[PDB]
Amino acid sequence: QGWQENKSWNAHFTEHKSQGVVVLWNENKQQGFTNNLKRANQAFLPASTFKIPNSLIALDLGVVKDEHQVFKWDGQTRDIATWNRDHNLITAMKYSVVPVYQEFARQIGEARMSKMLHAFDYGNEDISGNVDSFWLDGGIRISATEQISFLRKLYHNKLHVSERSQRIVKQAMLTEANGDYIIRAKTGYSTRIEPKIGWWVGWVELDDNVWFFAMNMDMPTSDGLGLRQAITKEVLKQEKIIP
Ligand SMILES: *C(=O)[C@H]([C@@H](C)O)[C@H]1C[C@@H](SCC/N=C/N)C(C(=O)O)=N1
Ligand SMILES: [Cl-]
Ligand SMILES: [Cl-]
């Protein structure tokens, strides 16, 4: 089997009248768990979770000099208000500012974007579509288990980019931390192509172990976005990963 199936986590999806998959990886024991082995291997558009490889590539090619470089707002008012201001790599990740990352992809270019995604072993490695939207409405597809594989390489500094690039991106992935755990992660909301889904991918660092996770769920409207982190934390608590 490889992966173990734990159907009891479906209770957390059903409790919120939702459908989806959570995948966990225990790094110390090299064991994986999921509520749905089939959906765990189903490949979707990455949407904003593609900000992780896009950040790595932009840094390594010097499109982004460091996490303090300011990317000026282009003056075009967009629907998410946090986008209509200047950003650096830290705040553009936090607020998931698409137009900044679309400019990164334009500067990287089709040829180099394709070779890096092949170097990364990322999903189906297919960038067909527009250079600045293929991860939103083009041909790239990645499963939850494939996100884990990619994230594990990032955690260990094993992707073929500089160690510094990988350290900066993991810094920008910082989402939450207390005296018990650190979460580094990235959210995604795929809306341009059916089915609309939400993503949350990353890992939980403990004193003696790290737990990688990748989840996606059906997201017909934006009012459910909070359930990405809420369902994931319910699974993490049930498995006694976080208190
Ligand atoms: C990437 O996944 C998304 C981009 C492609 O639009 C961004 C946008 C936010 S959600 C939009 C604000 N919702 C309000 N209700 C996002 C996310 O939260 O994952 N990623
Ligand atoms: Cl994006
Ligand atoms: Cl940090």
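Going by the PDB entry, the residues shown for chain A are 23-265, listed in order. Ligands are counted one by one from 1 in listed order, and the atoms in each one are counted from 1 as well.
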What's the chief chain around ligand 1 in this model, going by the PDB entry?
Class D Carbapenemase OXA-48
What would the PDB label the drug at ligand 1?
imipenem (bound form)
Give the residue list for imipenem (bound form), heavy-atom cut-off 4.0 Å.
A69, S70, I102, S118, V120, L158, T209, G210, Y211, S244, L247, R250
Which atoms of imipenem (bound form) are found less than 4.0 Å from any heavy atom of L247?
10 (S), 13 (N), 14 (C), 15 (N)
N/O separation below 3.5 Å, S212 to imipenem (bound form)
no
If I apply the N/O under 3.5 Å rule, does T71 come out as touching imipenem (bound form)?
no
Taking only heavy atoms of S244 into account, list the atoms of imipenem (bound form) that are under 4.0 Å away from them.
15 (N)
Does any N or O atom in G210 lie less than 3.5 angstrom from one in imipenem (bound form), N or O only?
yes
Report, in ascending order of atom number, the atoms of imipenem (bound form) lying under 4.0 Å from any heavy atom of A69.
2 (O)
Below 4.0 angstrom from a heavy atom of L158, which imipenem (bound form) atoms are there? Numbered from 1 as shown, please.
5 (C)
Starting from atom 12 (C) of imipenem (bound form), locate the nearest protein heavy atom and write down its residue, its atom name and how far away it is, to 0.1 Å.
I102 CG1, 4.1 Å
Going by distance only, is there an N or O of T209 that falls short of 3.5 Å from an N or O of imipenem (bound form)?
yes
Give me the residue, atom name and distance of the protein heavy atom closest to atom 7 (C) of imipenem (bound form).
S70 OG, 2.9 Å
What organism is annotated as the source of chain A in the entry?
Klebsiella pneumoniae
Could you tell me where the covalent bond from imipenem (bound form) goes, residue and atom please?
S70 OG
Give yes if a backbone or side-chain nitrogen or oxygen of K73 is under 3.5 Å from a nitrogen or oxygen of imipenem (bound form), and no if not.
no
What residue and heavy atom of the protein are closest to atom 19 (O) of imipenem (bound form), and at what distance?
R250 NH1, 2.6 Å
4.0 Å protein heavy-atom contact status of atom 9 (C) of imipenem (bound form), strictly under
no
